[PDB]
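Drug present: salinosporamide A (bound form).
Letters go in sequence order (proteins before strands), and every chain restarts at 1. Every number for a ligand or one of its atoms is a count from 1 in the order of the listing. In what follows, every heavy atom counts, from backbone to side chain, and hydrogens, waters and symmetry copies are set aside. Partial entry shown, contacts counted within.
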Amino acid sequence: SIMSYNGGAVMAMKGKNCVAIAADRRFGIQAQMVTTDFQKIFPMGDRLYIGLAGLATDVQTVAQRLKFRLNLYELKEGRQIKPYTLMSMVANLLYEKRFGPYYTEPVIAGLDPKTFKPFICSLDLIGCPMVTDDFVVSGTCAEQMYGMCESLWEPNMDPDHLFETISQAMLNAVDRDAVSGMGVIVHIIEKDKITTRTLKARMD
Amino acid sequence: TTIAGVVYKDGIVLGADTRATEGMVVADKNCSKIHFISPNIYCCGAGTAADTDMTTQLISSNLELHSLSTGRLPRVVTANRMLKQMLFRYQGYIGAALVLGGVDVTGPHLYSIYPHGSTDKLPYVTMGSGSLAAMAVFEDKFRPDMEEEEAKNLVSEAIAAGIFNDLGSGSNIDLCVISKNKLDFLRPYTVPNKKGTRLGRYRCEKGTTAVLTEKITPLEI
Amino acid sequence: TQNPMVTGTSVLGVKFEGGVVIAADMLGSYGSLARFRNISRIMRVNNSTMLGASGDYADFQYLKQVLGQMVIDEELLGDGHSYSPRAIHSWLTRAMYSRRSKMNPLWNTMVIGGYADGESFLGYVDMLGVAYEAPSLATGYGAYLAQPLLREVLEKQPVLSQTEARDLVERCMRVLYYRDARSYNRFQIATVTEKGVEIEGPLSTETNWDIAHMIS
Amino acid sequence: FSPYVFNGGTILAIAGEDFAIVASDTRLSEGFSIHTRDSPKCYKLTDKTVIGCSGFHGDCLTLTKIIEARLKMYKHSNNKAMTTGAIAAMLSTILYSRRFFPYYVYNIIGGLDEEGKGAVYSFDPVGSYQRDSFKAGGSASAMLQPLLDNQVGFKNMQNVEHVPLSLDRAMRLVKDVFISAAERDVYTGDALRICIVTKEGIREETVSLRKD
Amino acid sequence: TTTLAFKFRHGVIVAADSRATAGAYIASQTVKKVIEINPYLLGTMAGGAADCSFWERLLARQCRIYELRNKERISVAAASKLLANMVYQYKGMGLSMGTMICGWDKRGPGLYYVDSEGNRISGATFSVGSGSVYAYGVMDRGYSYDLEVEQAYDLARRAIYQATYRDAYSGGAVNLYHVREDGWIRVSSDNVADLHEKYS
Amino acid sequence: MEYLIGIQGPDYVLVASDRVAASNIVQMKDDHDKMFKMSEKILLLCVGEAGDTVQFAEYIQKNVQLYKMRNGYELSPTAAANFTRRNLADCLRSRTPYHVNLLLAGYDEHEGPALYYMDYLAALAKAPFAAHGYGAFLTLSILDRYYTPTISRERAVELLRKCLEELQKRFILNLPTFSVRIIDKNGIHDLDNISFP
Amino acid sequence: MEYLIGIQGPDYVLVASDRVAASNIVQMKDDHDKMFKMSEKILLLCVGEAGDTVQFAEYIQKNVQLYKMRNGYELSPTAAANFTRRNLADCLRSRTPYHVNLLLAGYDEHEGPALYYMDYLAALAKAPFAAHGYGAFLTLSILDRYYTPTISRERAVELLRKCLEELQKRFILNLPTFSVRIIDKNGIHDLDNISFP
Amino acid sequence: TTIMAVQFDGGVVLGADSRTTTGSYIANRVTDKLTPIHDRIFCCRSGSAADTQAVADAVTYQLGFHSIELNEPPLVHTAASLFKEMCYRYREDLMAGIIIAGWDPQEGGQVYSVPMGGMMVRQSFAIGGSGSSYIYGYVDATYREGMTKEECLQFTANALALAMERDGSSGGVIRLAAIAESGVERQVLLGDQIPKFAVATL
Amino acid sequence: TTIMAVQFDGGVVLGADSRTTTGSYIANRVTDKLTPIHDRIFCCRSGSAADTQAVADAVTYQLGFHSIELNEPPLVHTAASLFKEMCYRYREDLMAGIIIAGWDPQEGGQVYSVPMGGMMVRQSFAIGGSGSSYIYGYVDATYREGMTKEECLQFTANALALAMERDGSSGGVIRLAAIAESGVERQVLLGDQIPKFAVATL
Ligand SMILES: *C(=O)[C@]1([C@@H](O)[C@@H]2C=CCCC2)NC(=O)[C@@H]2CCO[C@@]21C
Ligand SMILES: *C(=O)[C@]1([C@@H](O)[C@@H]2C=CCCC2)NC(=O)[C@@H]2CCO[C@@]21C
Ligand SMILES: *C(=O)[C@]1([C@@H](O)[C@@H]2C=CCCC2)NC(=O)[C@@H]2CCO[C@@]21C
Ligand SMILES: *C(=O)[C@]1([C@@H](O)[C@@H]2C=CCCC2)NC(=O)[C@@H]2CCO[C@@]21C
């Protein structure tokens, strides 16, 4: 599989007036680790983030082209983009390459720039959007993340409990995948602050 | 995927399931497979999700343009022609299988459109991996010129047959009733499956997770 | 065999209070050609057991030879022990698995039906050695078209009468004639009860073609 | 001609101080169709041992028969019943005997050791086996295993007391984990069969899972 | 998989990881890659788990039979020769075995590398598996015949730790064994998380 | 297979490459240079397929020098690395892909020393140390064992010698001599070649 | 790839082999012996596929020594070579072929020194000098240039040094040390290893 | 698929089965394989459903435009020529066997066959499809010159029923059309209207 | 190849073509595909010439031995069983489609079909070969119960001629055999004895 060449895991979770997005930190060529500080979560706004999983070259390419398009949109419109609009923009970008696909799967997590309502969505290889009220996962350890998230997620969680839930899910899921891990980074997005945390993880 | 459609005395009933899978894992449990084309025309999609989505959006935009130009209510044959010409152009590489239902000045029309550009105009149609299970119910219980409630029960039964007997179909049942006087978009219509109650609380408590670094950024309102 | 040559389509089976009913059409197809139109794909094994097969008719005939000889051999002993439907089902499973393990399969899917000790038996064996028991069974395309209707009836009403079961079998056969390309309009119905095995011969389904006028 | 097919199914085993639990789903499927909704994947070997088999069903049936025969033969030759570890080693040799035309079976053995404690042994299709404290196998093994690592093994948990596992908590955990598995895996559903092994014997329970 | 062994003045040092993988799924993190053939003779496992286990258990049976018939313990060279002859009969059929046989006999310490391809080589330092390349560098930069026992322990732990850091298919814990003249001892089982704490 | 290595220090970058050009089983050249000078404080080290290496490297060199001529100042290492990744990635899906593995070393007056790793799929990583080739597998753990972020350039040359000695002991290929350069605030300095008789 | 060489003189045979045992990209052993002692005046040098080499070589060794035990005298080099070729050829068309390339060196009291070349297809040739491996391609012309039939063993060791030096200059593989033996009327003598620091 | 056309003095008779298959599953069981190309010109389509539909629509468009520009009823030969051009040009891409039947004032009733590959031949009767193989001897034995419209209808129905009995890809109902100067008459034969032939029994 | 057998009250009629092909070249143009297995038992061979010849010789040997040991005329069912056993056992190795026709005192005139794969079925009439496909509708339309020997001969000749017209692998002369209690009568139809059917002309 060409998706599993570099590995990687991204997860987004929904709370009460908050969102959380977590990712693994490994960059490696198949079985060899190259670095342990690879960026997979990019800011597309003050309370809007996108996480990309898959082939690292396509991750960087898609992030840069998406920032191109988003910057032009925000200059022309004089507004900040809504999360659903960004979902549509990403889907359009991915489907333009339908027969020469980018090998990346995105998750979007954010708060609406006016009503501050949580939003999370996922997109597959070619751009079918999936909007959920609980959680979304993407990467090489998707089944493991699905099991953890189905077992742990509860509705209407405050930011601290949301952090604990997503941290436990990501840690225990990547501990069972060989090409994912080497650290976890979590962003908790609220109305008034962004909190970034790095987790104590297994480095084997 | 199980999608179905029947013609009854006053119009069209379309039905679908709400499960989306990536291989043998369930990705989405509340997908909407009934798409809007025009206020009188709707489409049920099966196959490749992105292809179905983009194709239906493109044809819907084209039909809105046509209706603005003409000032008249769009016709189901126009949608049929647009869709099948587009799909024939791509030689089956756009993996969209569609059930197209509408009511126009000529009456209720129902079509089945296949990914290679083949079209069939029929009084009842099924598509998807659970199509044969739905078609068994249709071939057993279909009568011409049914009432609205009979047709709704029949389409619900066919979608349920797809749900319980196919591994790629599941979750809830969505319905769309189209007559000349009204439109009913019933999401959800029946819920046959639910998740069992949880018996344990997996200790969720603060300070269980160990942190190395932390950065807090204040945002201005 | 590695390539089947003359095949049969789908076999149906339902258990009811006091016995089992099995149905199959009388056609052997050479590809898409309806070549042999008067063949019987149901077999009476013994007074309690009957068998129906889909797939290679030559492999079915070989199995009929071997099973008949086994039954005769047991009846020569005269000791008051007979083969139950369950024992014949287990022997069939062993035979198919042994053939598969030698990479020389018997290209059949089999339904075994029986009535012994006041209990009904319905069993499935496949080419690979997958075998199981269920209250209704259907092979081939009937697995997609007939099993839904049978299952829906059985979930609501778990116990059926002979009349209800026969009516349900006739409905399912009609559906198969509507939607299977390798199907034929003549079928046979075998029933096993406390009286034994009865086979009812060339039966036809009444079809409806009114929708032909709705094409416009 | 392919000699194999995938028939689905998930099995789970949890070892306790004085108990063992072996659970499985009861759905038998092939491709996108369902064969039966009432095919359990757990088999009783002795009064102290239960086995769980998932994979290709013909191989499962044949292997079950072979194991039963070998247990009878051992009792004839040695005048005693076989222990859980002896059964595990014998099964390892049985699996390796087909190394060049394997059994497509995943096996988990659960029971009591000779001191009365819980024992779980996990196998791969060619006969490599290990003694564990919990193990999941089948189609939803990758979903079930991380949750058991967290909740039974207390991995990644900071300042959490390692209270010993009780039969009640284990039963609740099994039920919850199978409820979560039936949500996301298409091969898992129908009913859950739970077998509890204690010095009083083997006790069975069945609970319902969603039928779609 | 990372397995390692070296001879020094005070005996043989054997070290292994504990991760078992099936594709990219981590099947286990507590697997045992060292087989105890007899109280004076050890073997390591890399490649196919079932193959290595079965054939080294068969070697253990044959070595016990040798001791019964000849009333003397088998030598390391003879045991490695037996294993190589056993696995040569199945060449081209798909066996995956990489083994180190370690012990102490009348010639002193012994260490032999035997693989399913047919190699049987004697040596003073060996490493087998996916992470063997990473272990070789640390071991080669640290190895001396005149090491002290604690220094040898630390070197083996460090090499396995670095291999688990760089290789995706290595991890878990470091299991360490010391072959001495009176038999082998189990030294330690150290989780690589604790080693990360110690070394960083 | 060809070998590249780079070590980053507090105020310097140290790079080394092998000097072998091979065809089939013979070494055609033993004093080959695999380092390209992008600017006064940037070096590009390229290995990979024949022809692809020089064509890609010289295209990048020409465009970087054109930036200097047109704007009167030089590209920073980060900008040069991102330009390189953009071009390699763009050509990845075309009919003329380049099969090149690259290291980029540089010094910025405001950002300091920088070392960048790029594989043939055009993924860009920033590293304290990095290596390319089959010998990387043998020498990356030596760097992991002995590297500290506060390392002096004398100790860096010693660590480089350790890695090359390991290649002489355990590697099956004959890589007898290595080119060594250093980049600091004063520019690019050629150090002595590391040779093994 | 492994390297074997043999030079025949008026009263002696000189053989050399490399001492490297390799797996993938690492040298696992650097003091490997590839010479097998058939009798008091016969040496067999075998390279090729792993396992095949030792199995075939030790089978031949066992049968030659059994001839000595049974008959009270030893096989001549010619007879040993023909026995070896017969066995390799017989196994060529069976289900268990050996992929081995061989040199056989010997001294006969009545026939003198002898060197025999055998490829994996079991063709047997008698030669004044011969070599096996990829390095043969590089060193056979050096032997052609400087070999005379009347060469002394001091000059033979010098010519061997020339060939090995060429391998150090032009060959892509790391073959740093070589085992050297000589066979004369007094038997087999181990000479010093030829090493390149 | 089984398609047939027979010419009588003053017109033509066309007939087809009504089965669409995706493998061994019948997707449509009442399909119409007879297409009006013009007022007195019809085509029977065999092969790929999509390909035949597309070609038929294109020829209908071109023929309508031609008839408007010339202010005449079209000729059957012209429609056959348009079909031949399209089927020969895209013969690598298309799987389409066509029968073109019709009436025009100049030549009367005409039947043309365009097989796969794009050749065009005029026949007195034409048969096509996968089931056509089973009725070649029957049509050769039964065809006679100077048949009337009713005899042609009976002959076509008999042949189609015989083909539907033996072919797994043919079946359903029989669709018939008679084209003459007075116009087009269409019939469906279903159930007991379909001719029956006794099956041999021992 | 086209082979046929029809049963009448008191016997059977067999018929075959006379073409052997190696690709598109006719190696033998007067071959005999009807083989006497016993005095009143014949086989029609289809498929591989060598395979069918070998199987026929083996069955002739076995049946002769059986008849000598039992001191009875053999049954047609016994010959069909021997053919079925051999064709099923070596079904992977053999390409042989057989028709076995005959008369015995116990059951009268009998026709059995052994297709490829080794199944055995008794039929009132049987057709086989590559040309048999073109006459399925004709035999279904023309077959009637209670035919006489002369009507059966005419029916078989008509069917074989129709098959030979349309198949490139069938042709030559028509070989017919009638088997009854009184014995075997063999005929050849060549040239103008072969039934003619008019070809459509425009
Ligand atoms: C249904 O066909 C299905 C769904 O993904 C469906 C597709 C179109 C609309 C959105 C969701 N398509 C698939 O590929 C899987 C396989 C079986 O059914 C699916 C769930
Ligand atoms: C190691 O080589 C490895 C181990 O799973 C295996 C299992 C335990 C005992 C023997 C070693 N074998 C494998 O196939 C995977 C991939 C590479 O390393 C493994 C983890
Ligand atoms: C007929 O040839 C057939 C029809 O599906 C098709 C239906 C619409 C009009 C054109 C003919 N084509 C096919 O591919 C199937 C298989 C054999 O015959 C079909 C039923
Ligand atoms: C007939 O099936 C055929 C005959 O050659 C063969 C001749 C002898 C008696 C058995 C039948 N077999 C063939 O392979 C060719 C090709 C098609 O028909 C043949 C003429």
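- One finds salinosporamide A (bound form) in this structure at ligands 1, 2, 3 and 4.
- The chief contact partner of salinosporamide A (bound form, ligand 3) in this model is named by UniProt as Proteasome subunit beta type-6.
- Chains touching salinosporamide A (bound form, ligand 3) with a heavy atom below 4.0 Å, listed by letter, come to H.
- In terms of polar-atom proximity, defined here as any N/O pair under 3.5 Å, H:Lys33 makes no such contact with salinosporamide A (bound form, ligand 3).
- The single protein non-hydrogen atom nearest to atom 9 (C) of salinosporamide A (bound form, ligand 3) is H:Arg45 NH1, 3.5 Å, given as residue, atom name and distance.
- Heavy-atom contacts of H:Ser46 reach the following atoms of salinosporamide A (bound form, ligand 3): 2 (O) (cutoff under 4.0 Å).
- Some N or O of H:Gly47 is nearer than 3.5 Å to an N or O of salinosporamide A (bound form, ligand 3), by distance alone.
- Of all atoms in salinosporamide A (bound form, ligand 3), listed by their number and element, those nearer than 4.0 Å to a heavy atom of H:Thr21 are 5 (O), 15 (C), 16 (C), 19 (C), 20 (C).
- Looking only at protein heavy atoms, the nearest one to atom 8 (C) of salinosporamide A (bound form, ligand 3) is H:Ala49 CB, 3.8 Å.
- Within the deposited model, the covalent partner of salinosporamide A (bound form, ligand 3) is H:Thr1 OG1.
- Taking a cut-off of under 4.0 Å to the non-hydrogen atoms of H:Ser169, the atoms of salinosporamide A (bound form, ligand 3) that pass are 17 (C), 18 (O), 20 (C).
- Protein heavy atom in closest approach to atom 1 (C) of salinosporamide A (bound form, ligand 3): H:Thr1 OG1, 1.5 Å.
- By minimum heavy-atom distance to 1 Å, the UniProt active-site residue of chain H closest to salinosporamide A (bound form, ligand 3) is H:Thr1, 1 Å.
- Put simply, no part of H:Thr31 is less than 4.0 Å from salinosporamide A (bound form, ligand 3), judged by heavy atoms.
- The residues lying within 4.0 Å of salinosporamide A (bound form, ligand 3), counted on heavy atoms, are H:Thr1, H:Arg19, H:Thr20, H:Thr21, H:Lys33, H:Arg45, H:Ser46, H:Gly47, H:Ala49, H:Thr52, H:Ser169.
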